[PDB]
Structure formats: structure tokens, C-alpha cells
Amino acid sequence: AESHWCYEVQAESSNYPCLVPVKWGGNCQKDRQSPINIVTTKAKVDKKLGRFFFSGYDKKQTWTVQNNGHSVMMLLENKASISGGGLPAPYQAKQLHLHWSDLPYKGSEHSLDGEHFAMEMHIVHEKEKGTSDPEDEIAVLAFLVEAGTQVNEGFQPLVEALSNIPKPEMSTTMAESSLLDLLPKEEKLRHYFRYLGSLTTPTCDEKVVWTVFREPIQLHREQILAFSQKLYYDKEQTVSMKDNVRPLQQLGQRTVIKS
Ligand SMILES: CC(=O)/N=c1\sc(S(N)(=O)=O)nn1C
Ligand SMILES: [Zn+2]
């Protein structure tokens, strides 16, 4: 590898050389990659995909949030977990991070019926294994974010914290908030899409069971813009953090199912 991985926007916005997505190493060139476009009418209903159970999602916490140089990430340190969702085990929550742009019609990694959303939020969980690595070691819950004029009060603690972590490796503490504050209303999360894929940054390991919820989070345009306005890819603050999005990958011979 001749330089550090980057997103296209970083290569375009700086003279410092870096490895763009089509040139990424690791497992990034293998054939079960994410994100993908989901043709919603072609995903078959699987009745075994029931409701999710969220643990620790309703509890108010003061989360640590940090700029890791390619996103903003909340550290969930196993303080939450999930089960159900047609998942084979409970999964422990590790981190939450986001991908975004500064235009309403792009910013998501996945697309639904060829539509990208303003952001996409990933909550990353790790499988509770038994004795008897796997294709489903990691469960990522993906939520699409739609831009509008509705102020999302739940997001405010996160949005306000952004001012405090402009540069990579900076961390801060968010005001009291729960994970549910960040999500659509729980009852609306019964409809989701499911497929097997990869992590969307190097080394892009093919060990993710993906869930993409049908119901979008509503965020005000200016709450979304706060991400590109307050954050930077680099300590020199030369490239505002936005378009931290991997281009679409081919489904190949994989199948997408839905609840
Ligand atoms: C270690 C870890 O969780 N990193 C991640 S989370 C992730 S993502 N964007 O959720 O698929 N991609 N990568 C590389
Ligand atoms: Zn992600």
C-alpha cells in the first residue's frame, strides 16, 4: 500500500496523495462488499425476520464522541445490545458513527430504489458467539437520514458536541441523551432489509450482517449541515468532513431479504 486510504473528496481537495476507494487494499476488492443499492420490490419477505429488541437504548447516558479522521463516532462500550431482528445471537453495541454529504440527495452509503439520503447512521455491534470469524460476526444497523425542516431535538446533544471535536483524535462528552433519541420511533422499525456484506472502510472485512431500516430519521437541513460545517478530515483543517461515503458495490449472486 503506497499511501493511506481516503475518500474521493480528500484526494480531490488536497495535494497530499492518498488511496481512493476504487484503489483500496485489504479485503476491499473481494466480491461480497457493501454498501449496495436495494431494489425494494425485489427483496423477498422472510417471515422469520421479527422485531428487534433493544437493550440500553432508552437509558440516558453522557456518551463520549470523537473525531476519528473519517467520521464522528460515539463509544457505546457494550452499554447497549440487540437481539431479535432475525439475528442468530444477541449482539453487543460497540460504536455509532455517520456518513454524510452537504446536499439532500446524497450522503448515504446504501441507496433504496436508487435514492440516496442526506446521511446514513451505522450502529456497529459484535456477535455473542458460542463454542461449536463468521460471516455475521458484526451486525451493523443502518438508518437513513432525510433532510427537512423538522428540528430533531433528539439529535441536538450530538449536533452541539460537534463544535468541540473539529480535528481528528479529539474527543468530548455529549449532554445527557439516549440512543432512542437518535432513532425513528421504535414501532416504525418493524420494516427492514437484510443482507450479508462487508465493512465499508478498509480492511472491508466480509463479516457483516446488514440491516437497513425502511423508516428514515428526519433531521433539519441545518442540523445535517452542522456536520460538514464543524468537522474536518485533518488537523490542518483544509478539508471539511463530508462525502465520507464509499461508492456502491455490486450485489453479485447475493440475496436481499426484508421483514
Ligand atoms: C472496526 C470498525 O468497526 N470499523 C468499521 S465500522 C464500518 S461500517 N462503515 O459500519 O461498515 N466499517 N469499519 C471499517
Ligand atoms: Zn459506517
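For reference, positions follow the sequence shown, starting with 1. Structure method, as recorded: X-ray crystallography, 1.8 Å. Because only heavy atoms are used, hydrogens play no part in the values below, and waters and symmetry mates are left out as well, while side chains stay in. Indexing begins at 1, ligand by ligand and atom by atom, following the structure's order.
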> In this entry, what is the main binding partner of ligand 1, named as in UniProt?
Replying inline: Carbonic anhydrase 4
> From nitroglycerin, emtricitabine, iobenguane, acetylsalicylic acid, methazolamide, can you tell which is the drug at ligand 1?
Replying inline: methazolamide
> What UniProt active-site residue in chain A has a heavy atom closest to any heavy atom of methazolamide, and what is that distance to 1 Å?
Replying inline: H70, 6 Å
>> Wondering about overlap here: which UniProt-listed substrate-binding residues of chain A have a non-hydrogen atom under 4.0 Å from methazolamide?
In response: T200, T201
>> Any chance you can tell me which UniProt Zn(2+) binders of chain A have a heavy atom closer than 4.0 Å to methazolamide?
In response: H97, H99, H122
>> I'm curious what other ligands or ions sit under 4.0 Å from methazolamide. Any?
In response: ligand 2 (zinc ion)
> So which protein heavy atom does atom 5 (C) of methazolamide come closest to, and at what separation?
Replying inline: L199 CD2, 3.8 Å
> Any idea which part of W210 is under 4.0 Å from methazolamide, heavy-atom wise: side chain, backbone, both or neither?
Replying inline: side chain
>> Give the atom numbers and elements of methazolamide that come within less than 4.0 Å of a heavy atom of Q95.
In response: 2 (C), 3 (O), 6 (S)
>> I'd like to know the UniProt domain of chain A that holds most residues touching methazolamide, can you help?
In response: Alpha-carbonic anhydrase
> Backbone or side chain, does any N or O of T201 fall under 3.5 Å from an N or O of methazolamide?
Replying inline: yes
>> Out of all atoms in methazolamide, which are within 4.0 Å of some heavy atom of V124? Include the element for each.
In response: 3 (O), 6 (S), 10 (O)
> What protein heavy atom sits nearest atom 9 (N) of methazolamide, and how far off is it?
Replying inline: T200 OG1, 2.7 Å
> Which residues form the binding site of methazolamide when counting heavy atoms under 4.0 Å?
Replying inline: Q95, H97, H99, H122, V124, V140, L199, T200, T201, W210
